[PDB]
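A structure with chloramphenicol.
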Amino acid sequence: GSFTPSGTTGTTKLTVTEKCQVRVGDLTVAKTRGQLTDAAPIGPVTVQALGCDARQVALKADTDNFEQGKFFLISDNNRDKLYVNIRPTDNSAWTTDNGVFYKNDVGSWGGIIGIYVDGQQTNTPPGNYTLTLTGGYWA
Amino acid sequence: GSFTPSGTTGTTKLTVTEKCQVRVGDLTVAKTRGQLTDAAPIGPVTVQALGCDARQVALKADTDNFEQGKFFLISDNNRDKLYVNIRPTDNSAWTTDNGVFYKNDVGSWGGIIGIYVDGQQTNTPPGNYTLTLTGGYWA
Amino acid sequence: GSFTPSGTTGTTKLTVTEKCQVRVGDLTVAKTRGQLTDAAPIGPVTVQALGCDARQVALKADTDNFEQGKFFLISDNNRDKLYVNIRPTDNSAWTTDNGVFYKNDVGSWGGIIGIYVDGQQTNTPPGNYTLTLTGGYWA
Ligand SMILES: O=C(N[C@H](CO)[C@H](O)c1ccc([N+](=O)[O-])cc1)C(Cl)Cl
Ligand SMILES: O=C(N[C@H](CO)[C@H](O)c1ccc([N+](=O)[O-])cc1)C(Cl)Cl
Ligand SMILES: O=C(N[C@H](CO)[C@H](O)c1ccc([N+](=O)[O-])cc1)C(Cl)Cl
């Protein structure tokens, strides 16, 4: 029931815009609110564990990225939420516990964690959304 | 007369130094104050609009980057200014309005916005200067 | 006895973890506390000076990275220290002065500054450590 910080941090960034999309500078993940349909993919999160043969790999979201067992991207102003679902691409079993996404079994797991839109949210206010996940293990 | 945020943010970074220039870490845009001559190029800003056939493409500078219809890079301490001119590389017509640089015509414009030194400023105090521009449209 | 800021900033980043290491997102410099052995290499810092034929090249650490003529990486919370040694890879002579690492001779020096662990610190609390160095010259 406890998470131990032991790994690097991965950041999932997304810019939400209207139909008229103006991309400035280098290419980045951007979408129109209309694209925020249920199950819509946001981006992958690579995970590579080492020396965790006797520990349950886990990812913890920043305090501003979870609440009520629900995960979500947060606008730069910490006001707007973009509810998402976290799910590995393989058939591995994971559990959610107060902002923590841990693996049900021990082992140095390596894989991809996909971030998807949880419920159609085409009304999402334009802005920059972020989801931060830190590597570690669960007990 | 109103700007709508709808796009990504582009950041133009520049480090001003003295004759003795000590570059630490990875290569970045750096110049000596003596290089801050009138019309001196600072860097390009790519712009790619989509779904703006009926909107006027626009770029808005951060509050700390404009004043009195004048644009300028700002030191990390928000104290020193480096006045610059914003101009597309093509023959397109643009207008400046209270920190907003919008296109005079509608259409999903794609192009390069150049940043140049506005007036010789070889006295610019050494430091890190930044100019942030956000994509959107004008009404 | 005085440092003049005149160059870019280089940042040395390191994530300290336990045996069970969970790497999230893109690859970054990460190590287990057990790897924090004396003289253990942390990372190189490239230095390229120009127009310093009559000046002593120098690197200044951020206020939070030095104290008592000692350099060290600092956790994101500014609480935990990771004492390190700064040493060029060549045979050049350098001096340490209140957070400043300057060259004993003048000239536009180009080289690599290595960051090593100063004394075994395998008890270092897991976290993200940073060491910021700014380019300039000494008088
Ligand atoms: O973005 C995702 N999937 C896309 C579909 O748009 C695609 O299937 C994909 C799969 C793996 C991947 N990766 O491993 O880097 C990247 C994209 C999910 Cl991982 Cl969120
Ligand atoms: O830097 C600029 N121009 C330089 C001249 O030093 C050069 O002409 C250039 C043009 C285009 C460009 N781009 O499109 O990426 C980059 C450099 C202006 Cl775009 Cl600010
Ligand atoms: O990391 C270092 N040295 C490593 C040993 O692990 C290696 O010798 C090295 C040397 C030079 C270098 N470089 O110049 O980029 C990188 C690694 C020291 Cl420069 Cl801190």
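Lettering follows sequence order; numbering is per chain, from 1. Indexing begins at 1, ligand by ligand and atom by atom, following the structure's order. Note that these values count all heavy atoms, side chains included, but never hydrogens, waters or copies made by symmetry. Structure determined by X-ray crystallography, 2.3 Å.
- The chain sharing the greatest contact count with chloramphenicol (ligand 2) is, according to the PDB entry, DR hemagglutinin structural subunit.
- Within the structure, the other chains placing a heavy atom under 4.0 Å from chloramphenicol (ligand 2) are, by letter, B.
- For atom 13 (N) of chloramphenicol (ligand 2), the closest heavy atom belonging to the protein is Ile112(B) CD1, 3.9 Å.
- The backbone of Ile115(B), and not its side chain, has at least one atom closer than 4.0 Å to an atom of chloramphenicol (ligand 2) (non-hydrogen atoms only; backbone = N, CA, C, O).
- Besides chloramphenicol (ligand 2), no ligands or ions with an atom closer than 4.0 Å to that drug are found.
- Of all protein heavy atoms, the one lying nearest to atom 18 (C) of chloramphenicol (ligand 2) is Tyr116(B) OH, 3.6 Å.
- Covalent bonding of chloramphenicol (ligand 2), as deposited, involves no chain atom.
- Protein heavy atoms are absent from the 4.0 Å sphere centred on atom 8 (O) of chloramphenicol (ligand 2).
- Scanning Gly43(B), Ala40(B), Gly114(B), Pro44(B) for the heavy atom closest to atom 15 (O) of chloramphenicol (ligand 2) points to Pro44(B).
- Source organism (PDB) for chain B: Escherichia coli.
- Closest protein heavy atom to atom 3 (N) of chloramphenicol (ligand 2): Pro41(B) CB, 4.4 Å.
- In this structure, residues within 4.0 Å of chloramphenicol (ligand 2) (heavy atoms) are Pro41(B), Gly43(B), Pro44(B), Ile112(B), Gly114(B), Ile115(B), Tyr116(B).
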